[PDB]
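Have a look at the structure below, then the notes.
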Amino acid sequence: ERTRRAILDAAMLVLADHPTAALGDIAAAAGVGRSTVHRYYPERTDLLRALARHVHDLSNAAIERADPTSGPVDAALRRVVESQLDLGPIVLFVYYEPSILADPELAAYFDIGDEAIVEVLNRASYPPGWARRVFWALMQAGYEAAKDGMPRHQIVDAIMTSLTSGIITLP
Amino acid sequence: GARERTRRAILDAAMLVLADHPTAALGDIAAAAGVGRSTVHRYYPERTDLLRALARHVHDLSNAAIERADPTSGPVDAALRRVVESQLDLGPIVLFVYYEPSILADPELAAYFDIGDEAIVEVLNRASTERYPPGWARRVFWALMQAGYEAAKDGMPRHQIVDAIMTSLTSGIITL
Ligand SMILES: Nc1ccc2cc3ccc(N)cc3nc2c1
């Protein structure tokens, strides 16, 4: 379990910045040899799908830790947003690398975990499930802004304002 | 000519096939284009070459579509709606190519995507009575567009997606 964790953390750290990195680069960052990675993940796709699952699990833990239904909605959503942003740009990688969510099993797993965020967005309230889509869309813009080196506070403010007001105001 | 037509056939086949089968082999795309694997390799020697070409082509379509929407004609709300429609109509292949410069670590493709990418921002800013960090509006627009492509794969009707994107841009989703 420790070695598996070292490998997946190294994959997160490395692929977030260098999405085409060799398995050698990932092994080195984990403090292990290539054969080690191979023993757990025979093919790159194996590693990438394990990585995705691990990232989703960390995302779900951060949601539970943020405790979205506890206390005032504004402060609660900010806790959620801050801790999702702390995952970093690996999230963009996992959602956009074509071979990852192409697996139907993993795609189904990915649909599970954000029910409490949806509750809170519902409480503070559009086609079916649109609000949920918009929230994660704003999160996506947030990850890209973080990628540009924008400070977490300003991203969180931009997301919260976008949730309540959108980005333009029509005459 | 023949080569131009063949190139367009391969790209058009890639746009359809990869939107539903993101891991499809180059040979599978060849078959969908009605050409031999041998022929496809004279156009794109490796799959990754086709992926970069497709991404260029889609960015091209995106630019032509914004132009075709006459983004500055008439009431700004109706104009913005035309722009949204124009991009929604590109289809779910946009989900495949959006983050591709990053995915492929291809700064050249990133530079390609840059060209024309301020027009949407001009359209948004000139439809707004107020004044967010650099690039925020652009990124939100495209994130919402992709929520749109996803909703569309999930059976949401075009007109309803356009209404939702428009409402999200101009008013958000919650009240605190
Ligand atoms: N673009 C999207 C769409 C739906 C999503 C659903 C999620 C559920 C749980 C979780 N931890 C993260 C999620 N991220 C999503 C991102």
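Lettering of chains follows the sequences in order, A, B, ..., and the numbering in each one begins at 1. Values reported hereafter were calculated over all heavy atoms of this structure, with side chains retained and with hydrogens, waters and symmetry mates removed. In each ligand, atom 1 is the first atom listed, and ligand 1 is the first ligand listed.
The drug located at ligand 1 is named proflavine.
Per the PDB entry, the macromolecule in most contact with proflavine (ligand 1) is tetr family transcriptional repressor lfrr.
In contact with proflavine (ligand 1) at heavy-atom distances under 4.0 Å, by letter: A. If you number the atoms of proflavine (ligand 1) from 1 as listed, the ones under 4.0 Å from a heavy atom of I63(A) come out as 11 (N). Heavy-atom proximity to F110(A), at under 4.0 Å, picks out these atoms of proflavine (ligand 1): 7 (C), 8 (C). Below 4.0 Å from some heavy atom of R132(A) lie the following atoms of proflavine (ligand 1), by number and element: 6 (C), 8 (C).
The PDB header gives the source organism of chain A as Mycobacterium smegmatis.
Closest protein heavy atom to atom 9 (C) of proflavine (ligand 1): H56(A) CE1, 3.4 Å. Annotation: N60(A) places an N or O atom under 3.5 Å from an N or O atom of proflavine (ligand 1); distance criterion only. Contact annotation for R133(A) and proflavine (ligand 1): no heavy atom of the residue comes within less than 4.0 Å of the ligand.
Checking only distances, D111(A) never comes within under 3.5 Å of proflavine (ligand 1), N or O to N or O. With hydrogens left out, the protein atom closest to atom 2 (C) of proflavine (ligand 1) is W136(A) CB, 3.5 Å, a heavy atom.
Residue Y95(A) has at least one N or O atom closer than 3.5 Å to an N or O atom of proflavine (ligand 1).
With respect to atom 8 (C) of proflavine (ligand 1), the closest heavy atom belonging to the protein is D114(A) CG, 3.3 Å. Not a single heavy atom of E150(B) lies less than 4.0 angstrom from proflavine (ligand 1).
Of all atoms in proflavine (ligand 1), listed by their number and element, those nearer than 4.0 Å to a heavy atom of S59(A) are 10 (C), 11 (N), 12 (C). With the cut-off at 4.0 Å and only heavy atoms counted, the binding site of proflavine (ligand 1) comes to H56(A), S59(A), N60(A), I63(A), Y95(A), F110(A), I112(A), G113(A), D114(A), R132(A), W136(A).
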